[PDB]
Visitor: 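Quick one: this structure, given as structure tokens, is what I'll be asking you about.
When a residue number appears, it is its place in the shown sequence, counting from 1. One-based numbering, in listed order, for ligands and for the atoms of each. Just so you know, these numbers use all the heavy atoms, side chains as well, and skip hydrogens, waters and symmetry mates. The way this entry was determined, per its header, is X-ray crystallography, 2.8 Å.
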Amino acid sequence: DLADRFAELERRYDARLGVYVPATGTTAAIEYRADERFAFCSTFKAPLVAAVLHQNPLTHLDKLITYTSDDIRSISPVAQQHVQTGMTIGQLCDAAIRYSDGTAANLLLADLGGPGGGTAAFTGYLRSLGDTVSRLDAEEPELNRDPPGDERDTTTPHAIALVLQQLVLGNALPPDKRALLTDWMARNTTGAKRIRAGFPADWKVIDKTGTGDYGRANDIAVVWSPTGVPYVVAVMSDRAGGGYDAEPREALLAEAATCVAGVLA
Ligand SMILES: CO/N=C(\C(=O)N[C@@H]1C(=O)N2C(C(=O)O)=C(CSc3nc(=O)c(=O)[nH]n3C)CS[C@H]12)c1csc(N)n1
């Protein structure tokens with residue numbers, strides 16, 4: 001019914017689209033490939049900073065972290081500007097959410113500590129939320145590179161939407177920490193052509209994007225209707241049929257999102 005447009009959209013872009021909007025009191029859950037595994041790509045950075053916040057007192061945001069140019073291995077628009085000074089955990093969080101900074105995410109994982117540079121603690125962190133499905137296995141940028149069907153570094157639209165749900169609308173974080181996670185997503189700079197572009201402007205949209213190879217383009221978001229009702233939208237997509245080199249298509253995420261808005265209005 002709405003499945004007919006999502007599959008319609010998949011045909012248009014030669015894509016696989018996963019969509020999840022958790023049910024509220026007034027609205028029914030929206031499921032499209034909701035429980036199929038998609039790659040996190042950079043979408044993991046939002047629950048990752050929640051992993052850091054949850055584990056640490058606010059005072060920890062001021063911990064200065066140093067690193068070398070050798071640590072800068074992926075898209076890091078902020079971390080490159082700070083090889084000489086380093087960054088505090090807080091700005092690493094800021095960098096990780098608002099600019100999808102990959103090196104900043106890697107150091108936050110290292111701050112999570114432990115095996116695989118913190119990927120097991122981060123997976124462990126998702127389990128604490130009730131997400132038994134997801135796993136992060138590599139750091140940036142290898143986690144964007146797993147071949148299709150490989151279960152490493154994947155989540156599901158269902159799984160991630162519910163994780164975000166407790167992070168932003170629930171009680172996964174104390175209120176003062178919840179406020180920090182929400183504002184970074186709210187002033188994120190990377191999702192203007194994705195979920196945000198499909199909803200009317202008078203809807204509020206906070207989001208964290210993800211992009212990888214095989215045409216992988218994700219956006220996880222929390223949106224508020226003009227009346228102020230919150231919904232969570234998971235939109236995930238890849239274009240594996242085109243190989244490692246498949247171009248990501250943002251139009252797919254904006255088009256799909258509009259469909260969601262049409263049903264949520
Ligand atoms: C909500 O995001 N919208 C954006 C966008 O990408 N802008 C970014 C955002 O939020 N930015 C911020 C900052 O971090 O505050 C800034 C400041 S960044 C900065 N601050 C310092 O104090 C410093 O010492 N050095 N630097 C580099 C300007 S735009 C960028 C945008 C860009 S053009 C346009 N019309 N919108």
Visitor: Quick check: main partner chain of ligand 1, as named in UniProt?
Guide: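 The largest contact count goes to Beta-lactamase.
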Visitor: Specify the drug or drug candidate at ligand 1.
Guide: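 Answer: ceftriaxone.
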Visitor: With a cut-off of 4.0 Å on heavy-atom distances, which residues and nucleotides contact ceftriaxone?
Guide: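 Heavy atoms under 4.0 Å: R98, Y99, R187, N188, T189.
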Visitor: Does the entry model a covalent attachment of ceftriaxone to a chain, and at what residue and atom?
Guide: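 The covalent partner is absent; none is modeled.
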Visitor: Okay, next thing: which UniProt active-site residue in chain A is closest to ceftriaxone, and how far, heavy atom to heavy atom, to 1 Å?
Guide: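 Going by UniProt active-site residues and heavy atoms, it's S42, 15 Å.
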